[PDB]
S.K.: 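For discussion: a PDB structure holding fluconazole.
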Amino acid sequence: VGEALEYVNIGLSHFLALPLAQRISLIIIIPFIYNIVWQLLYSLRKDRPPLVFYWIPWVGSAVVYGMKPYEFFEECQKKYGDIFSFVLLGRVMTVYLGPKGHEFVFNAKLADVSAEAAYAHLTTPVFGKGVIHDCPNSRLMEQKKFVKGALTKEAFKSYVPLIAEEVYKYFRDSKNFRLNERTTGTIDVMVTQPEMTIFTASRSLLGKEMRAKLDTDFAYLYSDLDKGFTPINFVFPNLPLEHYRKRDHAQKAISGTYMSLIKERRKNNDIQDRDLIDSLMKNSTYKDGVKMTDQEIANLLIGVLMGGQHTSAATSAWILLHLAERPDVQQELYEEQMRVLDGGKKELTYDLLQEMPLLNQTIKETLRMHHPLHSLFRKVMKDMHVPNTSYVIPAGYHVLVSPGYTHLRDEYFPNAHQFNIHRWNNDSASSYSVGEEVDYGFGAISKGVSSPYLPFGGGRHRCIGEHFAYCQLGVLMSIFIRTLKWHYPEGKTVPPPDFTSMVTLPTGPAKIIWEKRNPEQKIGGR
Ligand code: HEM
Ligand SMILES: OC(Cn1cncn1)(Cn1cncn1)c1ccc(F)cc1F
């Protein structure tokens, strides 16, 4: 064996004297071979979930997961069951499908998994430092608490007429509508809904000043920042191109604008209860006494607005698209509007929104069919034993949960690919905890996360924008319904989702044709 060891050194030597044709080829095919051999040895382990076979090292199943994750999950489920792993751009993802998966991932102990470790590079380059994913979990919990303080019933009461006003103003002024001059038109909903969403959300959450900013070239900065919000950040968060420079500069200029308003308000003591900015100026002190800086407040505002932007705009787009081939549902919704608002003589309020179950069921059904986040990740921090299995998920892995997948399973939602708002009759709430509850720092929420329907997630990372989303989408759809009818161009139908973008927005261009219900109706104001 001493003689064997000599030939090892000889072999190492002879390698380095190989022609580069053969040892680019060498250093290529020997990972390819080792990978296959490694998977074969891996598949024999009884303490690991089955691993989806893949040919290309590092890359893994990235391409099929990236383009059609649900079809990917369905195939893996048929073959392997509800628990399985797959390689994705250098990381091993352990998927757990179904309610048991919801429970395993969303209710995982703080010591076991980390969301911020999974998402920091996705969001921090976009929002700025010190907030959301660029901070400890208990900091995040309180930031969520701070923001929730601006999201009260009384706040929604004041938001509704503000949001309504922005919708009507958009109908009046936008080149996409111009209702005082046009009775019919064609629109790309991936153009109109992001614009309507930023106008309505800015006006209510940021306030008059920041909304006024959107009527200038300052609006261009929001687009630049929006482009940095991309899956590519998972691999290339910072790359010396101008996509990144436009992003970084936008983040600085936008937070600078918020900070200017913040410092301005404090200078003049002008701090009431107008908006989320007022709210955070009065309520952003952590439990240990440390106060958020003006930069961190601005950075939080960016993240919250940006996140709400994408989820809400995608959702109202899908609502329009599903209703476009369903004049029956438009008809039902309109009748509800006529009854609840007394033929339109009653002004829309937050309370009246609560008396519109079909409208809210329509939102609920859209979120079932189109969960804007098709996958949620956590990085595994401590080895996790999978209950009632021999499986152990080692630290360094990632767990993946997908409530959106379950939303589309017939076993939980019969005829899951049919849009049917009536499957939610006497269950028109946005969601509802109906068992024991728990507080992670931002308010009591559902302890159990086993519901097959989880558009807003669960556990410590649960959404806090749920009621704002329903308020915003509710006011907007209420006005769309009362003002317009709409349908598809001949031969067109609901498009497939684009699963490669940050949220599962519709494939473009997604066009609908609108017409005024009352051609002679005029929208007043300047
Ligand atoms: C239809 C609209 C929306 C949907 C479907 C949605 C969905 C979700 C989901 C599934 C999560 C859980 C994330 C995870 O577990 O990793 C989440 C978290 C969160 N969302 Fe939303 N969201 C929506 C709108 C909004 C809005 C409008 C806001 C703010 C006004 C918002 C702010 C947040 C915040 C602060 C978190 C917590 C992040 C964390 O704790 O890690 N969302 N959202
Ligand atoms: O959870 C997100 C980040 N994200 C995860 N997968 C894709 N994007 C999205 N989001 C959820 N509700 C709204 N946006 C988020 C969470 C909080 C936040 F402040 C911004 C933000 F983008």
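The first residue in the sequence is number 1, and the count goes up from there. In listed order, ligands and their atoms are each counted from 1.
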S.K.: Which parts of this structure should be attributed to fluconazole?
M.R.: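 Counting every copy, ligand 2.
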S.K.: Which chain makes more heavy-atom contacts with fluconazole (ligand 2) than any other chain, name per the PDB entry?
M.R.: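 Chief contact partner: Lanosterol 14-alpha demethylase.
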S.K.: Check whether any protein heavy atom sits under 4.0 Å from atom 13 (C) of fluconazole (ligand 2).
M.R.: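 At least one protein heavy atom is under 4.0 Å away.
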S.K.: Do you know the source organism the PDB entry gives for chain A?
M.R.: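 The entry lists the organism as Saccharomyces cerevisiae (strain YJM789).
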S.K.: Check fluconazole (ligand 2) against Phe127 and write out every atom of the ligand that is under 4.0 Å from a heavy-atom position of the residue.
M.R.: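 Here the atoms of fluconazole (ligand 2) in question are 20 (C), 22 (F).
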S.K.: Is fluconazole (ligand 2) less than 4.0 angstrom away from at least one heavy atom of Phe377?
M.R.: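 It does not; every heavy atom stays at 4.0 Å or beyond.
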S.K.: Regarding fluconazole (ligand 2), does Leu373 bring an N or O atom to under 3.5 Å of one of the ligand's N or O atoms?
M.R.: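 The answer is no, given that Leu373 and fluconazole (ligand 2) share no N or O pair closer than 3.5 Å.
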S.K.: Atom 21 (C) of fluconazole (ligand 2): which of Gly457, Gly307, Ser312 has the nearest heavy atom?
M.R.: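 Comparing heavy atoms across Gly457, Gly307, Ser312, the nearest one to atom 21 (C) of fluconazole (ligand 2) lies in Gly307.
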S.K.: For atom 3 (C) of fluconazole (ligand 2), what is the closest protein heavy atom, and at what distance to 0.1 Å?
M.R.: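 Going atom by atom, the protein heavy atom closest to atom 3 (C) of fluconazole (ligand 2) ends up being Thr123 CG2, 4.4 Å.
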S.K.: Have a look at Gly303, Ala469, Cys463 and point out the one with the heavy atom closest to atom 18 (C) of fluconazole (ligand 2).
M.R.: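 Shortest heavy-atom distance from atom 18 (C) of fluconazole (ligand 2): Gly303.
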S.K.: With heavy atoms only and a cut-off of under 4.0 Å, state how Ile132 meets fluconazole (ligand 2): side chain, backbone, both or neither.
M.R.: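 It is the side chain that gets close, since no backbone atom is under 4.0 Å.
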S.K.: Does the protein place any heavy atom closer than 4.0 Å to atom 7 (C) of fluconazole (ligand 2)?
M.R.: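 Neighbour list for atom 7 (C) of fluconazole (ligand 2) includes protein heavy atoms (cut-off 4.0 Å).
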S.K.: Tell me which protein heavy atom sits closest to atom 5 (C) of fluconazole (ligand 2), plus the residue, atom name and distance to 0.1 Å.
M.R.: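 Ranking protein heavy atoms by distance from atom 5 (C) of fluconazole (ligand 2), first comes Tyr119 CE2, 3.5 Å.
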S.K.: Tell me: protein heavy atom nearest atom 4 (N) of fluconazole (ligand 2), and distance?
M.R.: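 Heavy-atom neighbour on the protein nearest atom 4 (N) of fluconazole (ligand 2): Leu122 CD2, 4.2 Å.
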S.K.: Which residues would you count as binding fluconazole (ligand 2), with heavy atoms within 4.0 Å?
M.R.: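 On a heavy-atom basis, the binding site is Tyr119, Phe127, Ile132, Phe229, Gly303, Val304, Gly307, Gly308, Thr311, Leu373.
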